[PDB]
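Notes on a structure featuring narlaprevir (bound form).
Below, read A as the first sequence line, B as the second, and so on, with proteins coming before strands; counting in each chain starts at 1. Hydrogens, waters and symmetry mates play no part in the numbers below; they use all other heavy atoms, side chains included. Order of appearance sets the numbers: ligands from 1, and atoms from 1 within every ligand.
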Protein chains: 2
Amino acid sequence: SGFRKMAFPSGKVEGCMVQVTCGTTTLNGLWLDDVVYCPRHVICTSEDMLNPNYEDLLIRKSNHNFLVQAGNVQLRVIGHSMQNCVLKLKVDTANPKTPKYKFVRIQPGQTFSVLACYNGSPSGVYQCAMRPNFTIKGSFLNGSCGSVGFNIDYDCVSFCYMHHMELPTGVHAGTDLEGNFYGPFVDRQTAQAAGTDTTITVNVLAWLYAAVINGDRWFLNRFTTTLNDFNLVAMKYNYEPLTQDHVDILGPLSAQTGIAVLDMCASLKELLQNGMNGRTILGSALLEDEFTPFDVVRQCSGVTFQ
Amino acid sequence: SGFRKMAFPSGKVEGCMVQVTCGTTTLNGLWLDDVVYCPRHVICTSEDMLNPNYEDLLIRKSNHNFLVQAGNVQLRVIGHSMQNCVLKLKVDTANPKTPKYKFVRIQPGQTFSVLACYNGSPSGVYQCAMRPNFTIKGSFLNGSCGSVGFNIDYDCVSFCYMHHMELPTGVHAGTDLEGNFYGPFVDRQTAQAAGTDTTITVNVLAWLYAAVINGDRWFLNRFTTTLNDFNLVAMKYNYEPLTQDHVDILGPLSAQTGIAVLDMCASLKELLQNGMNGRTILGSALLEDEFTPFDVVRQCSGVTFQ
Ligand SMILES: *[C@](O)(C(=O)NC1CC1)[C@H](CCCC)NC(=O)[C@@H]1[C@@H]2[C@H](CN1C(=O)[C@@H](NC(=O)NC1(CS(=O)(=O)C(C)(C)C)CCCCC1)C(C)(C)C)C2(C)C
Ligand SMILES: *[C@](O)(C(=O)NC1CC1)[C@H](CCCC)NC(=O)[C@@H]1[C@@H]2[C@H](CN1C(=O)[C@@H](NC(=O)NC1(CS(=O)(=O)C(C)(C)C)CCCCC1)C(C)(C)C)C2(C)C
Ligand code: NA
């Protein structure tokens with residue numbers, strides 16, 4: 001037993017990280033088959049960032065201006081193109097370590113693993129949620145740009161995130177691997193509206209189910225509620241509305257524990273209204289919302305990967 | 001910026017995990033050079049566990065009773081020996097993926113990465129501390145036994161933990177890779193004393209330094225204290241005594257922030273006495289104690305690995 005914020009094993013993704021340099025900027029690229037993907041702002045000077053014209057900056061660059069290094073070994077760049085906010089560098093060698101992969105655009109409230117990298121070398125691995133306002137709460141220093149987020153579906157790596165930039169709140173924005181920003185963000189260093197950071201209600205419930213499965217049961221009560229009554233209380237606390245689809249998604253957890261979703265919602269309502277009275281759930285004093293129902297099922301049933 | 005509980009990249013360790021079966025028990029082994037290490041209780045029936053005589057159980061077993069599988073491929077066992085609470089299975093093939101490695105016995109308060117595995121297949125990766133009472137707060141289901149804990153020192157993997165058993169509190173006990181239990185534990189299914197779980201004071205301070213570096217500063221105050229006065233307050237809250245060695249170890253963090261350790265101790269004293277008044281530090285409502293000063297420096301300076 002026990003329940004931890006757990007990342008996917010990073011081996012298949014470690015074999016894909018390279019270093020990409022353009023001028024004085026060094027960051028990370030993703031090497032899959034004969035393409036290296038990296039943030040297009042690798043081409044920018046610190047002045048360019050304020051108001052970049054990426055088409056105009058990119059025109060000044062040739063293949064030989066993109067230095068791509070795989071560990072100690074230099075890769076030959078035979079092509080470059082911009083797709084949305086990523087550069088695709090065509091190299092003359094297919095990555096021999098390319099795993100089975102796809103590019104997926106994740107939904108808000110879904111989780112993924114980040115392999116934080118610096119100079120093309122993996123630093124560490126952690127779990128993130130795509131927040132309802134399309135930010136993530138990561139750990140990214142200077143040099144971490146081009147670090148990727150992924151899920152593993154048995155042997156297949158689904159890449160969903162590339163790291164580009166930091167908001168003033170210290171949260172993180174980036175693109176899918178087609179170079180489309182999550183959320184309203186643009187790769188320019190100017191004031192930009194981030195949404196209210198709402199709590200992923202369905203994830204909080206999943207985690208309460210995890211707690212009960214792991215024998216933390218103090219917050220169970222004699223009460224029930226309705227979707228409509230729960231949602232009236234939740235909206236006041238900036239919780240996402242709970243839907244019948246969410247009830248259905250929690251089915252395995254309600255089935256395993258014998259605790260109806262609406263009864264668990266009654267527990268959550270009391271915890272929101274009363275707080276935790278200095279008590280903890282799975283060693284947390286806050287309601288955790290970065291575990292999906294799938295994450296909980298997965299970790300409470302224990303299925304593995306390639 | 002941002003600060004997360006981050007594991008080491010798991011690739012070098014994923015290449016070492018195998019499945020080990022003896023009778024009806026399947027668990028995980030660690031394959032390094034031509035040796036597979038696994039918990040000796042792989043040999044036990046469910047009845048044996050109550051009061052096992054491992055020498056007597058092991059005598060009934062031959063090399064051909066230990067089924068060792070590396071992905072789909074069977075390994076030939078040419079020898080077996082017991083060292084303390086681990087079995088060493090000699091196989092006829094050196095693991096071609098053996099990284100540079102050592103076996104280290106970690107100190108209480110030190111952290112490491114766990115690669116949770118089932119049937120020899122890596123499931124996920126998370127960070128643990130060796131608690132002052134020589135337990136860890138992991139995520140381990142049936143099948144997870146033989147899962148290992150490690151640190152990476154550039155290219156060298158230091159293995160420090162093998163998972164064996166769960167305490168009634170839901171925390172975890174296991175051995176170093178020489179098969180010596182951390183703490184007072186023995187591999188028998190009988191009532192066993194676990195120590196009080198004290199907080200790793202030096203780690204809490206490291207994390208407060210991380211918070212200040214990441215701009216969470218609300219808990220800084222106008223006050224200072226002394227080691228002796230801090231320790232009087234801490235002992236009441238089951239915090240480890242703070243020593244001058246701990247002050248010296250925080251040196252890089254005090255140097256980077258310009259905040260004397262004793263001034264940070266003054267902040268911690270107020271947080272212990274007053275609580276957090278519903279506020280959070282690095283998105284936590286509790287004082288985090290599973291980050292070492294090295295972990296904080298590492299993640300706030302960003303150095304990488306092989
Ligand atoms: C990344 O490219 C990298 O690792 N570079 C290598 C060379 C070291 C780098 C990572 C920064 C620290 C994690 N990313 C960037 O430099 C991007 C690009 C330039 C500026 N930033 C960036 O992250 C900005 N943040 C930023 O501009 N954010 C906003 C504007 S803002 O923060 O509200 C403010 C107006 C500056 C106050 C714009 C984007 C949407 C969110 C807000 C900082 C360097 C200031 C952290 C690009 C092109 C955005
Ligand atoms: C592990 O071997 C494994 O993954 N096995 C494969 C086949 C599935 C397995 C993991 C268990 C769940 C994580 N480990 C064990 O089975 C060990 C071995 C037998 C029993 N346990 C074990 O973890 C016990 N816990 C246990 O006995 N703990 C105590 C005693 S106790 O919990 O206080 C009590 C008396 C039972 C109430 C003894 C060890 C020190 C801590 C306390 C449980 C199966 C009950 C979880 C071994 C030999 C210890
Ligand atoms: Na917390």
What ligand or chain labels cover narlaprevir (bound form) here? ligands 1 and 2
Mind checking something for me? Which chain has more close contacts with narlaprevir (bound form, ligand 1) than the rest, going by UniProt? 3C-like proteinase nsp5
Other chains near narlaprevir (bound form, ligand 1) (non-hydrogen, under 4.0 Å): A
With heavy atoms under 4.0 Å as the rule, classify the contact between A/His41 and narlaprevir (bound form, ligand 1) as side chain, backbone, both or neither. side chain
Would you know which UniProt domain in chain A holds the bulk of residues touching narlaprevir (bound form, ligand 1)? Peptidase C30
When only distance counts, is A/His164 in polar contact with narlaprevir (bound form, ligand 1), meaning an N/O pair under 3.5 Å? yes
Atoms of narlaprevir (bound form, ligand 1), numbered as shown, that sit under 4.0 Å from any heavy atom of A/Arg188: 38 (C), 39 (C)
Which is it for A/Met165 and narlaprevir (bound form, ligand 1) at heavy atoms under 4.0 Å: side chain, backbone, both or neither? both
Among A/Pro168, A/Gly138, A/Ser147, which residue places a heavy atom closest to atom 33 (O) of narlaprevir (bound form, ligand 1)? A/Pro168
Applying a heavy-atom cut-off of 4.0 Å, say which part of A/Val42 lies close to narlaprevir (bound form, ligand 1): side chain, backbone, both or neither. neither
Closest UniProt-annotated active-site residue of chain A relative to narlaprevir (bound form, ligand 1), heavy atoms to 1 Å: A/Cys145, 2 Å
Is a covalent adduct between narlaprevir (bound form, ligand 1) and a chain modeled, and at which residue and atom? A/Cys145 SG
Which residues of other chains have a non-hydrogen atom closer than 4.0 Å to narlaprevir (bound form, ligand 1)? A/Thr25, A/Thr26, A/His41, A/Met49, A/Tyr54, A/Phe140, A/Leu141, A/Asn142, A/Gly143, A/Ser144, A/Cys145, A/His164, A/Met165, A/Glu166, A/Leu167, A/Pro168, A/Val186, A/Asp187, A/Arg188, A/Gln189, A/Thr190, A/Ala191, A/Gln192
